[PDB]
**Student:** 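Starting off with a structure, shown below.
We're sticking with the PDB entry numbering for chain A, so the shown stretch reads 1-180, in order. Order of listing sets the numbers, starting from 1, for every ligand and every atom in it.
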Amino acid sequence: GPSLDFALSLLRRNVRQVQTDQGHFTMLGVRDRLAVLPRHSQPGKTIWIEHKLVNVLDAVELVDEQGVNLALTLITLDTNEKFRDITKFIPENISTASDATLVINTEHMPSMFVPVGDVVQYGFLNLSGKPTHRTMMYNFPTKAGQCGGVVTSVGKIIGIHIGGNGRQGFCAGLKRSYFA
Ligand SMILES: CCOC(=O)CC[C@H](C[C@@H]1CCNC1=O)NC(=O)[C@@H](CC(=O)[C@@H](NC(=O)c1cc(C)on1)C(C)C)Cc1ccc(F)cc1
C-alpha cells in the first residue's frame, strides 16, 4: 500500500508528459521551475509539456565532483507552475530498493506504474556506446518510450529510467545534492 500509494501521489503533483525532437519522455518536476530529464532527450529552447509549448530558461547536463557522465539534464522552465518541492524524498546518497515502482507518463504511455522489483547497484554502464556512471539495474523488461520514468520506493525517489537491453532496465540514480 504505502509504496504504490507514494508513487501515485508523485505522479499527480510532479510527473509530466513531455516531447522534444528526440521523442516522448517522462519528466520529474523537482521544485518550483526546476525539473530533470534524461540527457538523451536533448531538450532545446522550447519543449512540449502536456500539450503546451514552454520556453526553457536553462538546461545543464548534470556534473558533480566525480566529473563523470550521469545521463541527466537539469532544466529550468519558463512557467507559471511551481512544483511541490520533493527534494526531501530524494536520498543524500544513491539508494537501492527492494520493491520499487517505475512511474511513466508520456502521451503514448500515460499515467502508468510498473513494479520493477529490486533495484540494485550497477554503476558504470555503456549506454548505446556512451559511458555512463552511477546507474542501478532492475530485472524487468523495460521498453522504448519509458525513459524519464521515475523510480520510487516508499517515501523515496531514487532514479530516472535511461536504458535497457530487453531483459533488464537501468536508471540514473538520484541524490539530493544534484538539486542544491
Ligand atoms: C530511441 C528511443 O529512446 C527511448 O525510447 C528512450 C528510452 C529507452 C529505454 C530502453 C529501450 C530498450 N529498453 C529500455 O529500457 N532508452 C534507450 O533506448 C537508450 C539506449 C539503450 O537503452 C540501449 N541499451 C544499452 O546500451 C544497454 C546496456 C546494457 C548493459 O543494457 N542496456 C540500446 C541498446 C537499447 C537511448 C540512448 C541512446 C544513446 C545514449 F547515449 C543514451 C541513451
**Student:** Not sure I'm reading this right - what drug is at ligand 1?
**Tutor:**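 It's listed as rupintrivir (bound form).
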**Student:** Which macromolecule does rupintrivir (bound form) make the most contacts with, named the way the PDB entry names it?
**Tutor:**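 It is most in contact with 3C protein.
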**Student:** Please confirm whether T132 comes under 4.0 Å of rupintrivir (bound form), counting heavy atoms of the residue only.
**Tutor:**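 No heavy atom of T132 comes that close to rupintrivir (bound form).
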**Student:** List the closest protein heavy-atom neighbour of atom 21 (C) of rupintrivir (bound form): residue, atom name, distance to the nearest 0.1 Å.
**Tutor:**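 Going atom by atom, the protein heavy atom closest to atom 21 (C) of rupintrivir (bound form) ends up being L127 CD1, 3.6 Å.
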**Student:** I'd like to know whether rupintrivir (bound form) has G145 as a neighbour, heavy-atom separation below 4.0 Å.
**Tutor:**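 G145: in contact with rupintrivir (bound form) (<4.0 Å).
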**Student:** Counting both backbone and side chain atoms, is some N or O of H40 under 3.5 Å from an N or O of rupintrivir (bound form)?
**Tutor:**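 The answer is no, given that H40 and rupintrivir (bound form) share no N or O pair closer than 3.5 Å.
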**Student:** Could you tell me whether atom 32 (N) of rupintrivir (bound form) has a protein heavy atom closer than 4.0 Å?
**Tutor:**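 Yes, at least one protein heavy atom sits under 4.0 Å from atom 32 (N) of rupintrivir (bound form).
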**Student:** In this structure, does rupintrivir (bound form) have an atom that sits under 4.0 Å from one of the heavy atoms of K143?
**Tutor:**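 Contact present.
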**Student:** For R39, is the nearest heavy atom under 4.0 Å from an atom of rupintrivir (bound form)?
**Tutor:**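 It does, in that a heavy atom of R39 comes within the 4.0 Å cut-off of rupintrivir (bound form).
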**Student:** Which atoms of rupintrivir (bound form) have any heavy atom of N165 under 4.0 Å away?
**Tutor:**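 Counting from 1, the qualifying ligand atoms are 31 (O), 32 (N).
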**Student:** Does some non-hydrogen atom of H161 fall short of 4.0 Å from rupintrivir (bound form)?
**Tutor:**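 True for this residue.
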**Student:** Which residues count as the binding site of rupintrivir (bound form) under a heavy-atom cut-off of 4.0 Å?
**Tutor:**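 The heavy-atom contacts are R39, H40, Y122, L125, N126, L127, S128, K130, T142, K143, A144, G145, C147, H161, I162, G163, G164, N165, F170.
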